[PDB]
Amino acid sequence: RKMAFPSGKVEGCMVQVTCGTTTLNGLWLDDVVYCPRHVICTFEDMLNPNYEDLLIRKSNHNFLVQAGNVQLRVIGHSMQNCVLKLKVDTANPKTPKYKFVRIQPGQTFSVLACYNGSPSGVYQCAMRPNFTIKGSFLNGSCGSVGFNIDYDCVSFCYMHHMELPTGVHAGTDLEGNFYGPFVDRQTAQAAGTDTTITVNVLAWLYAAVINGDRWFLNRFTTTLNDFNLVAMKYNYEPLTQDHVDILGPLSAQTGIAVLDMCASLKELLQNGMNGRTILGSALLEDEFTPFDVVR
Amino acid sequence: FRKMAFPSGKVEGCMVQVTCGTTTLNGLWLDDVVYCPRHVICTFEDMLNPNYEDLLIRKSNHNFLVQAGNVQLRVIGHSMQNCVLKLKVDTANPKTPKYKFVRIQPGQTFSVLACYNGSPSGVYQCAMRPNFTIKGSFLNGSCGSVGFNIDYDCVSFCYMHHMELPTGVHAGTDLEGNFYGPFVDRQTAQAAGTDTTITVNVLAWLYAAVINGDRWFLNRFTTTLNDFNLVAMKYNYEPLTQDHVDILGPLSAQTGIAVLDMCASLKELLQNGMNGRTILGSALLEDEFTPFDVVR
Ligand SMILES: CC(C)(C)[C@H](NC(=O)C(F)(F)F)C(=O)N1C[C@H]2[C@@H]([C@H]1C(=O)N[C@H](C=N)C[C@@H]1CCNC1=O)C2(C)C
Ligand SMILES: CC(C)(C)[C@H](NC(=O)C(F)(F)F)C(=O)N1C[C@H]2[C@@H]([C@H]1C(=O)N[C@H](C=N)C[C@@H]1CCNC1=O)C2(C)C
C-alpha cells in the first residue's frame, strides 16, 4: 500500500488565518504562522495583485489567527517570496522537531488536506516531473502542507496555493518559492506535459521482484540509450546515469542488473499486463521512490 | 480524486508496545486498559494449536511488559474478551480521545494506522472486503495495529490486526475480539474465500467521476436489478440490493443519473471493457470508496 506518514505531528500545527473576508490555513511553528500570501487578496486583486502594496496597508490586527478555539495575537508580519510569516505572541507548544526542505520532481511526501485550519484527510503524493501535484484540494485548502517524517523529524516540503486548469495542483516550499514556472496570480497558466517517473517504476518493479513476482522479467537487456529512445515514446522520463546508480543497491539485492530491468519495462510497455497485476496494481506505479523501496 | 485516510493523530497517542515473554506486538491504550491480540501470550510453538484459557491462567501481571514510548506501564490486571487481551495498567492514558468500539460490515471503509514496536509507521485507507479480509500491508510485528473512522470528534475503532492469509490479504477482529470472517487465531492452514467487487462502491465512484469531469461512460440505457445481478454474478461483483439503490439516492438526486441508469453504464463497462479509456485515472473500477465517502 501507498502509505502516508502518521499526521499527528502536523495536525498540532494547523491553524486558521483570516484577512478580511479571505480564510485559509496556516502552519504554526514556534512563534511564527506561515501561510500563502494571497490571503491578503480580495477577489478584485487576484488577477494582478501587487503584494507589496497590499501588504504595506495591513497592520497586525488585520490578521485573525485561530488555533482551535484560541485566538493568537499577531505581533508582526513579513513576506518571504510567496509566503507570509505572521509573528505571534505564543510559541506553539506542539511544535515538533522540524526542518524546511525543497524537494525535487519524483520525490514523495504526505499531504494533510485541511479546511478552516482543521485537518480533513491525509494521503501520499509524488511531485510530478512538471512540478505539479495530483492532489485533492478544494476551496479553502490553501496553506495545507506536504511533509515527510524521518526519525520524528518532520521535513516540510510543500504549501498549497492553487489549482491549474487540468485539475493538478501547484504550490511553494516553505520559503515561499514555487515549484515550477507558476505564479500566485489568477492568470492563464498551464502545467507542462506530464511524464511517468521512470526511476520510480523501476524501483517498484524491483519491489515486486523482492516480493514474489517475476512473471514480467525476460531474457533481454538494453543499452541505456536504446531504453530511453523507446521509453520516451511512452511519455516516460529519460533515465540518467544517476538514476542507474541510485538503483544499484536494489540491483545488488535482486541480482537483476538495472538494464535488464529496463528491458523488462520496455516489454511491459509494449505488451501491457495481459490481465495481470504487479504488487496490487494493474498500472505501472510511479509514486514509490527507490529510497521508499528499501524502507 | 485521492483515497484519503483520516488524520491519525488521535490514534497515534494510543499506541503502545506489549511484550509477553519473547512475543512483541502493538497495543491500544485507552483510559487505564491496553487492548491487544490474545496470541501475544503464545510462544512461536503455542501458535500451532493453542489453548488460550490454559495459557492465560498460567500468566500473571508480571508476564506482561507494556511500554508507552520511554515509559513502562505497570500491568495490574489481565483478562480476555474473545480474541483480545485486556491489560489493566497503572495509568490512564492522558491522550485518550473520545471513542467508541464499533463493528463494521463488508464494503465499509476505514483508516489503518500501521504500527511496529508500539510506534506508528504509516496510515492508509481500506475497505472491508466482501470475504471479510483486508487488502492491507502488514508485516511481522504489525499485530495490534487498528483501523478506525473519525466523526467530528469521535474515534470509532473497528479493526484490530491479527494475521495474514496465504493470498497475502489480512484478517482481524473488532475491538471486542470478534473475528471478521471465518478465521481463527491459530497458525494452521486457512484461506480467504473467493472475493467479489463491492458493487455499490463502484457505483459511488462512478458518481464521483460524474461529479468531477468524466461523463463518457454515461449512456441512454438502463437495466433492472434482476438483469444487472446476473451480469454481477458472471463477473464476481457483489449483488446489488434495494438498500444499496436507496443509499445511492443522494448521488442520483445530485447528478440526475438514476442508479439503474448508472448500472447500465457499469454493466457496459464490464463488457466493452473500458476501451483504453480512463475513468478518474483508474484502469479498473475502484470499489474502496463508499457512498458516504464520496459525499464527503
Ligand atoms: C482554480 C482557480 C481558477 C480558482 C485558480 N487557479 C488559477 O488561477 C490557475 F489556473 F492559474 F492556477 C486558483 O487556484 N486560485 C486563484 C487565486 C488563488 C487560487 C486559489 O484559489 N487557491 C486555493 C486555496 N484555498 C485552492 C484552489 C481552489 C480551488 N482548488 C484549489 O486547489 C490565486 C492563484 C491567488
Ligand atoms: C503469516 C503467518 C504464516 C505467520 C500466519 N498466517 C496464518 O497462520 C494463516 F494463514 F492461517 F492466516 C500469521 O499471520 N500468524 C501466525 C499466528 C499469528 C499470526 C501473526 O504472525 N500475525 C502477525 C502479528 N504481528 C502479523 C502477520 C505476520 C506476518 N504478516 C502479518 O500480517 C497467529 C494466527 C496466532
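Chains are lettered A, B, ... in the order of the sequence lines. In chain A, numbers come from the PDB entry; the residues present are 4-298, in order. Residues displayed in chain B correspond, in order, to the PDB entry positions 3-298. Order of listing sets the numbers, starting from 1, for every ligand and every atom in it.
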Inset, instruction - Supply the name from UniProt of whichever chain has more contacts with ligand 2 than any other. - result: 3C-like proteinase nsp5
Inset, instruction - Write down the drug at ligand 2. - result: nirmatrelvir (bound form)
Inset, instruction - Write down the other chains that contact nirmatrelvir (bound form, ligand 2) with heavy atoms under 4.0 Å. - result: B
Legend entry - Non-hydrogen contacts within 4.0 Å of nirmatrelvir (bound form, ligand 2): B:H41, B:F140, B:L141, B:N142, B:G143, B:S144, B:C145, B:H163, B:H164, B:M165, B:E166, B:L167, B:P168, B:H172, B:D187, B:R188, B:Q189, B:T190, B:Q192
Legend entry - Polar contact flag for B:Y54 and nirmatrelvir (bound form, ligand 2) (N/O pairs, less than 3.5 Å): no
Legend entry - Protein contact of atom 29 (C) of nirmatrelvir (bound form, ligand 2) - nearest heavy atom, named by residue and atom, plus distance: B:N142 OD1, 3.1 Å
Legend entry - Protein heavy atom at shortest distance from atom 31 (C) of nirmatrelvir (bound form, ligand 2): B:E166 CB, 3.6 Å
Legend entry - B:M165 neighbourhood, listing nirmatrelvir (bound form, ligand 2) atoms whose heavy-atom distance to it stays under 4.0 Å: 9 (C), 11 (F), 12 (F), 14 (O), 32 (O)
Inset, instruction - Can you sort out which atoms of nirmatrelvir (bound form, ligand 2) are near B:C145, meaning under 4.0 Å from one of its heavy atoms? - result: 22 (N), 23 (C), 24 (C), 25 (N), 26 (C)
Inset, instruction - Name the UniProt domain of chain B that holds most residues in contact with nirmatrelvir (bound form, ligand 2). - result: Peptidase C30
Legend entry - Atoms in nirmatrelvir (bound form, ligand 2) with a heavy atom of B:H163 nearer than 4.0 Å: 26 (C), 31 (C), 32 (O)
Legend entry - Distance flag for atom 10 (F) of nirmatrelvir (bound form, ligand 2), protein heavy atom under 4.0 Å: yes
Inset, instruction - Write down the organism the PDB entry assigns to chain B. - result: Severe acute respiratory syndrome coronavirus 2
Legend entry - atom 15 (N) of nirmatrelvir (bound form, ligand 2) touched by protein (heavy atom, under 4.0 Å): no
Inset, instruction - Considering the heavy atoms of B:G143, write down every atom of nirmatrelvir (bound form, ligand 2) situated less than 4.0 Å from one of them. - result: 25 (N)
Inset, instruction - Check whether any protein heavy atom sits under 4.0 Å from atom 4 (C) of nirmatrelvir (bound form, ligand 2). - result: no
Legend entry - Heavy-atom nearest UniProt active-site residue: chain B, nirmatrelvir (bound form, ligand 2): B:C145, 2 Å
Inset, instruction - Identify, by atom number and element, the atoms of nirmatrelvir (bound form, ligand 2) in contact range of B:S144, meaning under 4.0 Å from any of its heavy atoms. - result: 25 (N), 26 (C), 32 (O)
Inset, instruction - Find all atoms of nirmatrelvir (bound form, ligand 2) within a distance of less than 4.0 Å from any non-hydrogen atom belonging to B:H172, and give their numbers and elements. - result: 32 (O)
